[PDB]
Enquirer: 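Structure with minocycline, see below.
One letter per chain, A onward, in the order of the sequence lines. Note that chain A is numbered according to the PDB entry, with residues 1-119 shown in order. All chain B residue numbers match the PDB entry; in order, they span 1-119. What you see of chain C is 1-119, where the numbers are those given in the PDB entry. Because only heavy atoms are used, hydrogens play no part in the values below, and waters and symmetry mates are left out as well, while side chains stay in. Note that ligands are numbered from 1 as they come in the structure, with each ligand's atoms numbered from 1 the same way.
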Amino acid sequence: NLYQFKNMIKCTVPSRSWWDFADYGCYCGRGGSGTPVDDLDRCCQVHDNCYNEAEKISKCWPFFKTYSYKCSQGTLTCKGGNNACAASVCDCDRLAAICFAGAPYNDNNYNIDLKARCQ
Amino acid sequence: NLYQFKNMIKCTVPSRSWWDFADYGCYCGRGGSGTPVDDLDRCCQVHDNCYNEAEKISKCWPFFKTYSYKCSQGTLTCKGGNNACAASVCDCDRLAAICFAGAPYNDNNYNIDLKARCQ
Amino acid sequence: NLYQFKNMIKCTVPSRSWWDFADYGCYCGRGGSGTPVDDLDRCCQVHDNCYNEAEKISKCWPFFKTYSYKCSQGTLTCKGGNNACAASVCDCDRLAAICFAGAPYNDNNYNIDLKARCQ
Ligand SMILES: CN(C)c1ccc(O)c2c1C[C@H]1C[C@H]3[C@H](N(C)C)C(O)=C(C(N)=O)C(=O)[C@@]3(O)C(O)=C1C2=O
Ligand SMILES: CN(C)c1ccc(O)c2c1C[C@H]1C[C@H]3[C@H](N(C)C)C(O)=C(C(N)=O)C(=O)[C@@]3(O)C(O)=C1C2=O
Ligand SMILES: CN(C)c1ccc(O)c2c1C[C@H]1C[C@H]3[C@H](N(C)C)C(O)=C(C(N)=O)C(=O)[C@@]3(O)C(O)=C1C2=O
Ligand SMILES: [Ca+2]
Ligand SMILES: [Ca+2]
Ligand SMILES: [Ca+2]
């Protein structure tokens, strides 16, 4: 669920606030419309796409779905007892958190004008 | 719930992203403040009002409330086994999805400045 | 949960829409980044901090967590049957609602540019 995604990002990107990723580029916090502004934005687009696949599972609602995972010393693991939806959502979150850690954060892409950038 | 509202909009407006309706005018994604910018915005105001009525049911929390419905060939039906809250929320969503399909989407009303338009 | 926070604000600030507080300053609707714009924004920062403490309880997810409370004649009380998470979240919400009632609302701080104000 949303909180667990936040916590995964805290796990792999402890130096950044959740808020920095919650309104960034055309896709971080969003979906659809536009050319990704940079590589971090592309992480987010990939995450959105991953959630769309997870949503093909009936009643699978990624931001609402609780899953089981562990953050240990900056490493994320999704636990085996997750149901199909939980497992899928957990992996989407994990892969994104890892992607975010590697992508450089561009201050110029925070809280951008969607009309200007994302058509 | 929120996902189900998204899916209803996908049912009746399959050519548009959810994101296009998630920050539009003074009311799509919002409520209160302002004169609706256009007829689509008015759909959203009506939807907000509908949710306010549903919220008169104790512990009825529209964006969180799961309901039962079916999208078939672009037609939405709310199912009979819904509890009072579920039934009300489902109908609010259905009527809005239908409203959105008919209202023309004005690019100039996406992601507008609320201070400029919605006081 | 989020709806209950909204309702608490309705209890102590019945003359204002929820939407007025949902995107105000650097912290109302947000967290991290920036110097609070005014005393109301400081209420919100305090609320965010309070939620961070509540989140130290395992699986305590403030915006998702249902709690028991009563609004009577503009006075909020958190009820005794709340679990640890519910109790903590309820108090965070209560204290914020009270803070919001006392803090003057500055129209110039609604829906501000985060890049301009909150770095
Ligand atoms: C619309 N989408 C399917 C859902 C469904 C259920 C939800 O519970 C939510 C969303 C959207 C997401 C978007 C995310 C996005 N970001 C990842 C932080 C984001 O753009 C914000 C934001 N800062 O506006 C959210 O509202 C957000 O945090 C959020 O609270 C959401 C949320 O609460
Ligand atoms: C405040 N309101 C009562 C609630 C309660 C519970 C929720 O779970 C949520 C809301 C607000 C709604 C607003 C809607 C709005 N829209 C319909 C997409 C919207 O303005 C956004 C947005 N793009 O900022 C959301 O955060 C939003 O999608 C959302 O995620 C919400 C949401 O997650
Ligand atoms: C990210 N944060 C941990 C969560 C977790 C679960 C949630 O269900 C939600 C959030 C963020 C909050 C932010 C709040 C904020 N405000 C208090 C209204 C806010 O900035 C908005 C907004 N207008 O964009 C929300 O999306 C918001 O209403 C919301 O719907 C949230 C929400 O739905
Ligand atoms: Ca590159
Ligand atoms: Ca008209
Ligand atoms: Ca002061």
Enquirer: Which numbered ligands or lettered chains belong to minocycline?
Expert: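 That would be ligands 1, 2 and 3.
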Enquirer: Which chain accounts for the largest share of heavy-atom contacts with minocycline (ligand 3), under its name in UniProt?
Expert: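 With more contacts than any other chain, that's Acidic phospholipase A2 2.
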Enquirer: What other chains contribute a heavy atom less than 4.0 Å from an atom of minocycline (ligand 3)?
Expert: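 Heavy-atom contacts come from A, B, C.
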Enquirer: Of the residues in chain C that UniProt says bind Ca(2+), which ones have a non-hydrogen atom under 4.0 Å from minocycline (ligand 3)?
Expert: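 Heavy-atom check against UniProt gives C/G29.
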Enquirer: Just going by heavy-atom distances, which of A/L2, C/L2, C/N1, B/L2 is nearest to atom 7 (C) of minocycline (ligand 3)?
Expert: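 Shortest heavy-atom distance from atom 7 (C) of minocycline (ligand 3): A/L2.
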Enquirer: What protein heavy atom is closest to atom 8 (O) of minocycline (ligand 3), reported as residue, atom name and distance in Å?
Expert: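 The answer is C/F64 CE2, 3.2 Å.
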Enquirer: Nearest protein heavy atom to atom 25 (C) of minocycline (ligand 3): under 4.0 Å?
Expert: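 No, there is none.
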Enquirer: Check contact between C/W18 and minocycline (ligand 3), using heavy atoms of the residue and a distance below 4.0 angstrom.
Expert: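 Heavy atoms of C/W18 do come under 4.0 Å of minocycline (ligand 3).
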Enquirer: For minocycline (ligand 3), is any non-hydrogen atom under 4.0 Å from C/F21's backbone (N, CA, C, O), its side chain (CB onward), both, or neither?
Expert: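 For C/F21, there is no contact with minocycline (ligand 3) at all, from either part.
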Enquirer: Heavy-atom pairs closer than 4.0 Å: do any link minocycline (ligand 3) to the side chain of B/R30, the backbone, both, or neither?
Expert: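 Looking at B/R30 and minocycline (ligand 3), just side chain atoms fall under 4.0 Å.
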Enquirer: Hey, does C/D23 sit under 4.0 Å from minocycline (ligand 3) if you only count heavy atoms?
Expert: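 Contact absent.
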Enquirer: Which of the listed options, C/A22, A/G29, A/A22, C/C44, holds the heavy atom that is closest to atom 23 (N) of minocycline (ligand 3)?
Expert: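 Answer by nearest heavy atom: C/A22.
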Enquirer: Any protein heavy atom under 4.0 Å from atom 33 (O) of minocycline (ligand 3)?
Expert: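 At least one protein heavy atom is under 4.0 Å away.
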Enquirer: Could you list the atoms of minocycline (ligand 3) found under 4.0 angstrom from a heavy atom of C/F63?
Expert: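 Numbered from 1, minocycline (ligand 3) contributes 4 (C), 6 (C), 7 (C), 10 (C), 12 (C).
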Enquirer: Using heavy atoms only, determine which UniProt active-site residue in chain C is nearest to minocycline (ligand 3) and give the distance to 1 Å.
Expert: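 By heavy-atom distance, the nearest UniProt active-site residue is C/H47, 7 Å.
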Enquirer: Would you mind telling me if minocycline (ligand 3) is within reach of the side chain of A/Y3, the backbone, both or neither, using heavy atoms under 4.0 Å?
Expert: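 For A/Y3, the contact with minocycline (ligand 3) is made by the side chain alone.
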Enquirer: Tabulate residues with any non-hydrogen atom nearer than 4.0 Å to minocycline (ligand 3).
Expert: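 With heavy atoms under 4.0 Å, it is A/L2, A/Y3, A/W18, B/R30, C/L2, C/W18, C/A22, C/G29, C/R30, C/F63, C/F64.
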